[PDB]
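Below, read A as the first sequence line, B as the second, and so on, with proteins coming before strands; counting in each chain starts at 1. This depiction is restricted to one part of the PDB entry, and every contact reported falls within that part. Order of appearance sets the numbers: ligands from 1, and atoms from 1 within every ligand.
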Amino acid sequence: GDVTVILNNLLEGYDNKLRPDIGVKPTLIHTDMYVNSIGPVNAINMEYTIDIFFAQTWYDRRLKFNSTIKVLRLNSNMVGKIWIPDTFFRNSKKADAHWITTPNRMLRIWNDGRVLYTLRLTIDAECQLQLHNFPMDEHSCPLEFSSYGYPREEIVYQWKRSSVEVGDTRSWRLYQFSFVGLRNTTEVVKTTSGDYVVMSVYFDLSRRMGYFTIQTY
Amino acid sequence: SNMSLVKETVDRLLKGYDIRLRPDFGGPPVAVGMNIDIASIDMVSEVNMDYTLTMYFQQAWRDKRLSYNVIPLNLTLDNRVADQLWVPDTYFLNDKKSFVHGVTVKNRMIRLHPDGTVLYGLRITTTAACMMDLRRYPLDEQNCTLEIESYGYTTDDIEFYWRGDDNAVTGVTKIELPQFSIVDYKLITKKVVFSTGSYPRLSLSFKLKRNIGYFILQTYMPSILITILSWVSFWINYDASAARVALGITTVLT
Amino acid sequence: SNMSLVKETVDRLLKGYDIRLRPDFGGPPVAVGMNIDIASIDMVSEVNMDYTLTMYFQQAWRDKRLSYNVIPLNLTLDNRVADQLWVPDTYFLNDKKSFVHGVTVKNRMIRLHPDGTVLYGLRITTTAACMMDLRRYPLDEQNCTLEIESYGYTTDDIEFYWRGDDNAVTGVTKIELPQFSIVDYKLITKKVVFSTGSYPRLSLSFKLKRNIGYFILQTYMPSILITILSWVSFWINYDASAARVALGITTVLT
Amino acid sequence: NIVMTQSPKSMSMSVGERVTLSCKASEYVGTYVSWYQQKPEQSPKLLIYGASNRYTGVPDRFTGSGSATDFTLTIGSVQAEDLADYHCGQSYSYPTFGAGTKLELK
Amino acid sequence: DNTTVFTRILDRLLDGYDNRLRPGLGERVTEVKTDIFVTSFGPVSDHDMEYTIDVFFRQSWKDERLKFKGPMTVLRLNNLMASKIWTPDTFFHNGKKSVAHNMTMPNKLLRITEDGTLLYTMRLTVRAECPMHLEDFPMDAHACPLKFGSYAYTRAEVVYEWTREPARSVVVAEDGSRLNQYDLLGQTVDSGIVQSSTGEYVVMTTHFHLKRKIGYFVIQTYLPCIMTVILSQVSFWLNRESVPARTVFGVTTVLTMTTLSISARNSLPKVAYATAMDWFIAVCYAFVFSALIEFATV
Amino acid sequence: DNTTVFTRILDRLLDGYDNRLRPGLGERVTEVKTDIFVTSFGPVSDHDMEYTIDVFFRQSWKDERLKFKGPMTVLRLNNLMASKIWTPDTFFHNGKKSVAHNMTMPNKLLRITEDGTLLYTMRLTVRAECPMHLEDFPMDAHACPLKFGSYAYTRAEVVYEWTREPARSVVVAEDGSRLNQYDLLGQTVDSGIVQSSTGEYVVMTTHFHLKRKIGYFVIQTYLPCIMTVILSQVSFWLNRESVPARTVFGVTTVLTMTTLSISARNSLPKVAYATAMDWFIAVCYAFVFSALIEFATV
Amino acid sequence: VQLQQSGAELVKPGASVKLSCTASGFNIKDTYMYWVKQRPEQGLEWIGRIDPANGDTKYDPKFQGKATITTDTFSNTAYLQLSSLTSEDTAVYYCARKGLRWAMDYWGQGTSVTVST
Ligand SMILES: *[C@@H]1O[C@H](CO)[C@@H](O[C@@H]2O[C@H](CO)[C@@H](O[C@@H]3O[C@H](CO[C@H]4O[C@H](CO[C@H]5O[C@H](CO)[C@@H](O)[C@H](O)[C@@H]5O[C@H]5O[C@H](CO)[C@@H](O)[C@H](O)[C@@H]5O)[C@@H](O)[C@H](O[C@H]5O[C@H](CO)[C@@H](O)[C@H](O)[C@@H]5O)[C@@H]4O)[C@@H](O)[C@H](O[C@H]4O[C@H](CO)[C@@H](O)[C@H](O)[C@@H]4O[C@H]4O[C@H](CO)[C@@H](O)[C@H](O)[C@@H]4O[C@H]4O[C@H](CO)[C@@H](O)[C@H](O)[C@@H]4O)[C@@H]3O)[C@H](O)[C@H]2NC(C)=O)[C@H](O)[C@H]1NC(C)=O
Ligand SMILES: *[C@@H]1O[C@H](CO)[C@@H](O[C@@H]2O[C@H](CO)[C@@H](O[C@@H]3O[C@H](CO)[C@@H](O)[C@H](O)[C@@H]3O)[C@H](O)[C@H]2NC(C)=O)[C@H](O)[C@H]1NC(C)=O
Ligand SMILES: *[C@@H]1O[C@H](CO)[C@@H](O[C@@H]2O[C@H](CO)[C@@H](O[C@@H]3O[C@H](CO)[C@@H](O)[C@H](O)[C@@H]3O)[C@H](O)[C@H]2NC(C)=O)[C@H](O)[C@H]1NC(C)=O
Ligand SMILES: *[C@@H]1O[C@H](CO)[C@@H](O[C@@H]2O[C@H](CO)[C@@H](O[C@@H]3O[C@H](CO)[C@@H](O)[C@H](O)[C@@H]3O)[C@H](O)[C@H]2NC(C)=O)[C@H](O)[C@H]1NC(C)=O
Ligand SMILES: *[C@@H]1O[C@H](CO)[C@@H](O[C@@H]2O[C@H](CO)[C@@H](O)[C@H](O)[C@H]2NC(C)=O)[C@H](O)[C@H]1NC(C)=O
Ligand SMILES: Cc1ccc(-c2nc3ccc(C)cn3c2CC(=O)N(C)C)cc1
Ligand SMILES: Cc1ccc(-c2nc3ccc(C)cn3c2CC(=O)N(C)C)cc1
Ligand SMILES: Cc1ccc(-c2nc3ccc(C)cn3c2CC(=O)N(C)C)cc1
Ligand SMILES: *[C@@H]1O[C@H](CO)[C@@H](O)[C@H](O)[C@H]1NC(C)=O
Ligand SMILES: *[C@@H]1O[C@H](CO)[C@@H](O)[C@H](O)[C@H]1NC(C)=O
């Protein structure tokens, strides 16, 4: 098929070990996030669960192609063939993608080499709760992420105005907390291996005193 | 260009590369420098006699075969390359279960330098066995440790050292624990001998002191009171048997 | 000799071997004999309505593509050969979580015979669901089963039978349970019809009778003797209202 | 057996204005209600498949809605071609059609 | 021999086959027919607000590239063949942690018909989130959903449909019911669209209607609460002069109502609102406390 | 390069090598010398009737195919070489669940001597079952076994043996003891034969002898029981008029006895038979009741 | 794309009649084939359906035996045969194809089956 020929040409002479523009300029990655759910906030382990659809967009000069097909809509089969940024969540106790029935990954490539790569993730992010004022305490704690091995000189992350959007919020697992709102942030963090662009999303959570009223007051 | 040349050099580096043989297979030992960045110490448990430790575990060694001069920059490569490169078989002797984080990809770093150095980062959560002496509980201080050594390579083949020897472990100050305070930490280098040979051992140890404030109010205060009320029986006349007997015996039950 | 000969025999056997096709792909069904050696019934929980069974699961069938006559002895090959051969897609319908033991290596066996027979063994521990009727608890007798079935192959492609039909399952009499006893067991051969076809099913089931000994001294004796204590109210003088009140309310709290 | 009650049984509403056909189902038929148009002496033609989906080459004045048991078909503005019998059918179970309602102009 | 013809057929099928492209990529829309057989409806977890379900997940679609001519009309192939061909990337919208079973071998089957039709069934244990409003607890009923659809393929490329009549397309095994405190009244299916920033996706919905059984809650909370109330009541028949007796009755009964309250609240999740059992416990507590006040006034 | 000679040596060793065939497959018996170094004797779970142990499992055997002549006498090779050659498939007969640690890399060792001897070590955490009778609980000793042998290889193909003297082949690190309530007295080894449905196998057995420490059970169950008995007896010295006081003594002493009886049983698994602690609790219980009956009759 | 249903048939009472529905532009094996009768100036009523790939047939409970749906995958045709014909069977019989959301998207021109002497 035509798409088969295009995909064969794209991968021919392609080194997925090397990021785009390796010796030229930092690779600019645009990230969006759909907060499907903010799971329970259990203070005993000092963590909270969140289910998101993470999206990342960058430009790969090696993936340019000329054809009437304007976008190559692909499944997870190609995710491991092209270069993918090594984004990781810095405050995650443990996170895993979803693998049923197949890897919950999408890949779309445009004519100009732009790549869109989304995947489904559930993260047990850890954030310290200052339990002073509990159970009247209000918390606003983050979900940070960055590139593991690429400092700011090689990978730069950037948000979008409509990057972070939330679900319905009625089916969320928050029982003793209420989702006030969220804000995003970007900064540079000094690390043993260099300086990294760290992207943060803060979820403001207000406690519900109704349950603990009945329980103890 | 700066892409064709990079691809060419990386192809040359991995062509005819024997992953089975360590750098300087027949020669002197390879020197591996260790950095740790303690992301957190999640939970210290007395029942299980262990503690969980998330950290960025970095190892630096020099490999002649991975030296290049046609490009004046440090090549960070997609961590899938580590499956094609030799890396030291470091292991933690006193760990129960540990994993490398794997979202969105394996939290692993390989960085090459023109002189041949290789930086190998890993993000590891480790539940390490830490036997505790509870004679003075909850007035006790524990000494949980992490024992790092090479499995297959003896001291004729590998030597471990702390990269910096003082600022090799970072983030201990930023660590926070609900029940413990980190008094200090020490970095030790030594060699341990087994029947199979002698191996280089690094040890990272923390001094943890229990925060008594919780326990005072939680346990001692009810005890102190109950044993105070138990004295109320004295002020009551011995004629009234029921009140005094009930008070004493219920204090014993409590 | 006896080494190059065996190597070339095994190489010829695996040459042009289509793992995608069962023995007699277009012919009659392949017969698979099931042999089990129960190692232990590790735990039986009413909370989770399941039990844990460790066993040596053996399967025997004939693959004429794996027939050799140039060497007279049964061939035992490294267990990794099982990945290059065809094995029946047996599964346990009612297992919630199960695994093949993998220390020091995958606990798997491949034994070939000159006629083409293949003996394929696994050490499997599976947590299997069995709904329990607790109406007569703790005097109840449970009947927990393991349902062995083929997934993708219908009765036209594969058939299951118990090798021996009485000695197919061994080791049951040796099993000891802290709070149970194996009254008996049965081996059943039948067929199940699904929307996608008819499949062969084998069922190994156990009759478990709960031991009342623990429950006596755990729940029955305390209640009985609390009732005995409660009756003591009658012997006390009826004037002492407070004494009898305390006695009765204490019995209710117990 | 789901019974689809279709009302009104007939209409003589004036041309050019809104028409509302309401079809009700005895049981739950999630969104598998379809609307067919049957001009005199001719086979039915599918207008709405599923609930609130238009078939290819259908005038945009047709639009349907409905969730569990209450489904309706709306025409923005009647035309001379819309003088036909309309039937609502469910496909959640073995198919059953409504009594069908006749559209008339006057 | 005796299978070299079939080996040739299979090798020809895969030859020049791109499994990165859906069937009919440019000509048409891939229509996937889905079917579910529930071999067991697992226990419902209220604290986690999820339910477990073990299913045979069946999907069928037509692939022109897999047409073949041979002695056999249907090729019953191993599961490993399924990885070499294109298969739909279905995922469960509300699935939390689902395991694909693999003992002894991957519980998957692939069947290819000479006309190109494919049947692809897999065995799964799906753990899906079932949001619940527990205002009527323990006399509450829920419609636990099981939504699923395609990841990375929009309505314009992949659409899902039920293999047979929607009412008969989700089948629950009669003997398969691992529920302890729930009753499965029935299941209901629907098909819809998911509006996403990346496009419009087809979502197939199934709702399992569960009504909670009250026997356990009766025995553990309501009958004990009524008995505690009556134990507080009997103090009125007691002698007025037995002040210690009545005081002991009242205080012990109030302590008993507190322990039942605290033990009953832990069973259900830590929801903010107040459930029916909470109101019953509160009113019983009020009754016992009023009995205590009455004794105090006497 | 200095490394080219060793690459050539390793390529010649693995050329035409079948890792599917044991050394001396047709001619002799592969004799595997075994050795264990216990880096820590994990906790012993009485309730589950199991114990955990962390070891360096050492196995040595001779492979004539791996003879080489090079500048060095021993090849200390990366553990990935172990997968390229034949290794024995040792397994633990009574192992409930084992871990082959691979942090940061497979904790395996492979040393090839110029004459073809192999040393294959690995770090394992073995959770093994230890059947244990608790009649004398808490004054009970156990000999927890650790049986291991070959899977799929009969005594006519693979036989195991201890490297050093049998009394010196299982070595326990002096600082490596994770026991809390058990005392490790020593270990004994034995070698025997096991008959299975598949054939005759060599089984290597190690017995770890454990003595339970009584201090916890002393302070938790005995002193409370003796104190309860004496507290029940104090009621004897009280006045015969103080009827409510002695009644409260009796009832709450019995309360404590029942609480101790229920709280002692959960300290050990659900065993049908009665333990020594149960007999002691029952006797103290009978004494308390005896005292109560004395008060009631007087 | 089009179902070339047979022509109008005149049948004496009590005489069986065979109605054929010929499909073109698609393979009937792909989808279900339906049969619907409409009485003179009356609502439609489903008779039965056939799954040509499998061969299964389901019927309106009121048509058991009175109707028989069969297919010829080789001929790409669907047949409806009524065992016995009475005064109530004088209607118009339609052949329909299963559609997107289980809707009867394509209908045949219909056959007039009058029962008269
Ligand atoms: C110490 O030892 C540990 C134990 O060995 C070790 O952990 C193991 O690490 C390895 C490597 O890191 C893991 O292997 C990877 O797994 C990735 C997925 O991981 C998830 O899923 C697996 C289970 O795998 C099953 O399910 C997935 C999901 O779809 C399937 O992808 C698999 O095929 C497989 O399906 C089979 O099994 C099913 C049921 O069991 C059957 O029903 C089914 O029929 C199949 O038989 C889990 O094990 C993972 O859980 C673990 O990891 C998480 C990490 O967070 C932990 O949290 C958790 O606790 C567990 O520990 C996890 O859930 C794979 O994606 C990956 O494979 C890709 O990459 C490699 C490397 O490049 C390729 O070689 C490979 O071919 C794959 O690339 C192809 O596929 C991707 C799509 O994913 C494409 O984008 C890509 O382009 C490429 O496509 C090309 O090739 C295709 C061929 O595959 C071809 O079809 C295409 O057309 C195209 O040409 C890799 O396999 C392994 O899972 C770990 N196991 C465990 C137990 O941890 C640990 O690392 C060691 N530690 C150290 C320090 O060394
Ligand atoms: C926690 O426990 C560990 C282990 O017991 C303690 O490590 C010990 O540290 C001391 C002081 O650094 C070591 O003593 C040194 O011994 C060498 C031996 O040659 C000697 O040359 C030095 O002069 C020094 O005396 C000791 O060896 C070491 N223990 C082990 C087993 O290596 C640690 O100090 C404890 N506390 C903390 C906070 O880590
Ligand atoms: C589910 O069970 C299947 C059935 O065994 C597992 O498939 C097995 O997957 C392993 C791991 O990839 C395969 O081993 C690999 O072989 C390749 C060469 O083909 C080699 O390069 C790798 O290093 C590795 O050794 C194995 O062949 C394969 N077995 C078969 C017959 O399918 C599957 O892994 C299981 N899924 C999981 C991860 O739970
Ligand atoms: C545990 O429960 C299972 C499930 O009910 C019991 O298996 C049942 O065993 C009986 C007798 O062995 C089977 O009945 C037989 O059916 C054959 C069919 O050909 C018939 O020829 C015989 O006359 C007899 O009626 C029954 O089918 C079977 N249940 C199922 C579902 O297959 C089992 O006996 C129970 N106890 C134990 C110790 O396993
Ligand atoms: C999320 O990040 C984006 C980008 O950093 C923020 O977008 C800015 O929004 C403000 C409105 O308050 C505009 O005035 C700026 O021009 C926007 N910046 C850009 C680059 O478009 C957005 O505010 C952030 N959302 C938060 C913090 O909640
Ligand atoms: C940044 C971003 C935003 C949306 C997605 C996304 N991609 C899909 C594909 C399919 C389905 C069903 C849902 N997807 C969602 C999430 C969504 O829109 N929901 C849940 C309503 C991915 C990344
Ligand atoms: C199975 C069962 C048995 C007894 C209880 C129970 N627990 C209490 C606590 C306190 C008071 C006052 C009365 N209680 C009762 C009374 C009862 O339930 N009966 C009489 C049937 C609960 C469950
Ligand atoms: C750590 C600890 C604390 C208290 C006990 C304890 N539990 C009981 C129950 C009953 C009676 C009469 C006395 N008890 C005592 C105190 C005791 O017996 N001593 C001092 C000899 C046991 C362990
Ligand atoms: C490469 O890494 C070294 C590490 O010390 C650093 O000093 C140097 O500045 C880096 N070079 C560039 C061009 O960033
Ligand atoms: C193989 O094993 C079977 C059964 O154990 C036995 O009957 C047969 O003789 C063996 N073959 C050889 C060559 O020893």
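The chain with the most heavy-atom contacts to ligand 6 in this structure is named in UniProt as Gamma-aminobutyric acid receptor subunit gamma-2. The name recorded for the drug at ligand 6 is zolpidem.
Taking 4.0 Å as the heavy-atom limit, the other chains contacting zolpidem (ligand 6) are A, E. The deposited model's entry lists chain E under the name Gamma-aminobutyric acid receptor subunit alpha-1.
Lab note: no covalent bond from zolpidem (ligand 6) to a chain. Site of zolpidem (ligand 6) with heavy atoms closer than 4.0 Å: A/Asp32, A/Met33, A/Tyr34, A/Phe53, A/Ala55, A/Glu165, E/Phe91, E/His93, E/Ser150, E/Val194, E/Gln195, E/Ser196, E/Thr198, E/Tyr201.
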